[PDB]
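Throughout, numbering of the chain's residues begins at 1 and tracks the sequence. All ligand and atom numbering here is 1-based and tracks the order in the structure. Just so it is clear, the values below take in all heavy atoms, side chains as well, and ignore hydrogens, waters and symmetry mates.
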Amino acid sequence: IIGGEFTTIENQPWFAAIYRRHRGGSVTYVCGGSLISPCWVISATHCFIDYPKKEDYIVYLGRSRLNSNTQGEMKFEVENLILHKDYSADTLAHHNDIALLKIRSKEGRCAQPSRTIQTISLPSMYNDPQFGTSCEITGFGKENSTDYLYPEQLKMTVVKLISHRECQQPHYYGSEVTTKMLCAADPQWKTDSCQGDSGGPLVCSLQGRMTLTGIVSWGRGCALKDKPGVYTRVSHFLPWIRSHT
Ligand SMILES: N=C(N)NC(=O)c1nc(Cl)c(N)nc1N
């Protein structure tokens with residue numbers, strides 16, 4: 001997250017930190033995710049497409065820091081890694097960038113709700129917030145394009161939803177963005193999601209209710225003028241989400 005502020009997991013209880021195990025014992029951060037139900041985490045397919053091995057992933061819930069433990073956090077293995085069949089990636093754009101991760105603890109149990117661990121509501125069929133609506137994003141992603149390391153503390157920022165028409169302009173993304181995607185950015189181009197924030201949530205207060213409106217998917221650079229963040233439109237994937245869960 002470029003700009004924005006440091007926050008704690010208590011403020012983003014549905015946030016899931018996904019790591020990959022390596023040979024030797026070195027674990028590295030992969031992407032963000034969201035707890036949609038006690039046993040299910042939703043993320044982006046591009047995060048796992050190159051290494052589809054469920055055994056190599058570790059999902060953390062209730063975690064505020066990247067490389068240190070947080071009181072009340074819970075560790076989970078991945079029981080089932082469901083990637084979208086029609087996933088494809090063009091020059092910039094990622095299509096059908098959505099993934100489901102069925103989680104289970106060592107004891108075979110799912111997530112147990114607490115002050116630092118909660119689920120987020122999915123949207124209604126084709127019912128998104130009107131454009132111009134403010135939404136928040138969270139992640140352990142880069143703070144600047146020039147950084148090679150990720151921030152140690154979780155961050156968040158607020159961005160505004162941009163209409164499909166505006167995002168399809170020539171100077172923006174043109175015909176690369178589709179109706180299955182959502183654009184969002186800071187009107188002043190100061191804050192934005194970046195590398196590392198992928199798979200994380202785009203949360204919008206819809207009709208007095210926190211709703212998972214999008215999943216961080218792609219963008220040209222980070223916080224660049226006329227280059228909004230692009231998110232997977234959760235409302236258009238409800239049939240797919242329900243059929244696999
Ligand atoms: N402007 C944005 N919102 N950009 C990104 O979200 C993003 N950028 C880069 Cl450079 C990347 N590797 N992954 C991303 N998800």
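In this structure, the main binding partner of ligand 1, as named in UniProt, is Urokinase-type plasminogen activator chain B. The drug or drug candidate found at ligand 1 is amiloride.
Interface atoms of amiloride facing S198, defined by a heavy-atom separation under 4.0 Å, are 13 (N), 14 (C), 15 (N). In terms of protein heavy-atom proximity, atom 6 (O) of amiloride is nearest to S193 OG, 3.2 Å.
The UniProt domain of chain A holding most residues in contact with amiloride is Peptidase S1.
Using a 4.0 Å cut-off to heavy atoms of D192, the atoms of amiloride that qualify are 1 (N), 2 (C), 3 (N). The proximity of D197 to amiloride, defined as any non-hydrogen pair under 4.0 Å, does not occur for either the backbone or the side chain. The contact set between amiloride and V216, taken as ligand atoms under 4.0 Å from a residue heavy atom, comprises 6 (O), 15 (N). Looking at the UniProt active-site residues in chain A, the one nearest to amiloride by heavy-atom distance, rounded to 1 Å, is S198, 3 Å. The contact set between amiloride and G229, taken as ligand atoms under 4.0 Å from a residue heavy atom, comprises 1 (N), 2 (C), 3 (N). For atom 11 (C) of amiloride, the closest non-hydrogen atom of the protein is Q195 CA, 3.7 Å. Residue contacts with amiloride include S217, since one of its heavy atoms falls under 4.0 Å from the ligand. Geometrically, amiloride and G221 share a nitrogen or oxygen pair separated by less than 3.5 Å. Residues contacting amiloride within 4.0 Å (heavy-atom distance) are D192, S193, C194, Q195, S198, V216, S217, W218, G219, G221, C222, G229.
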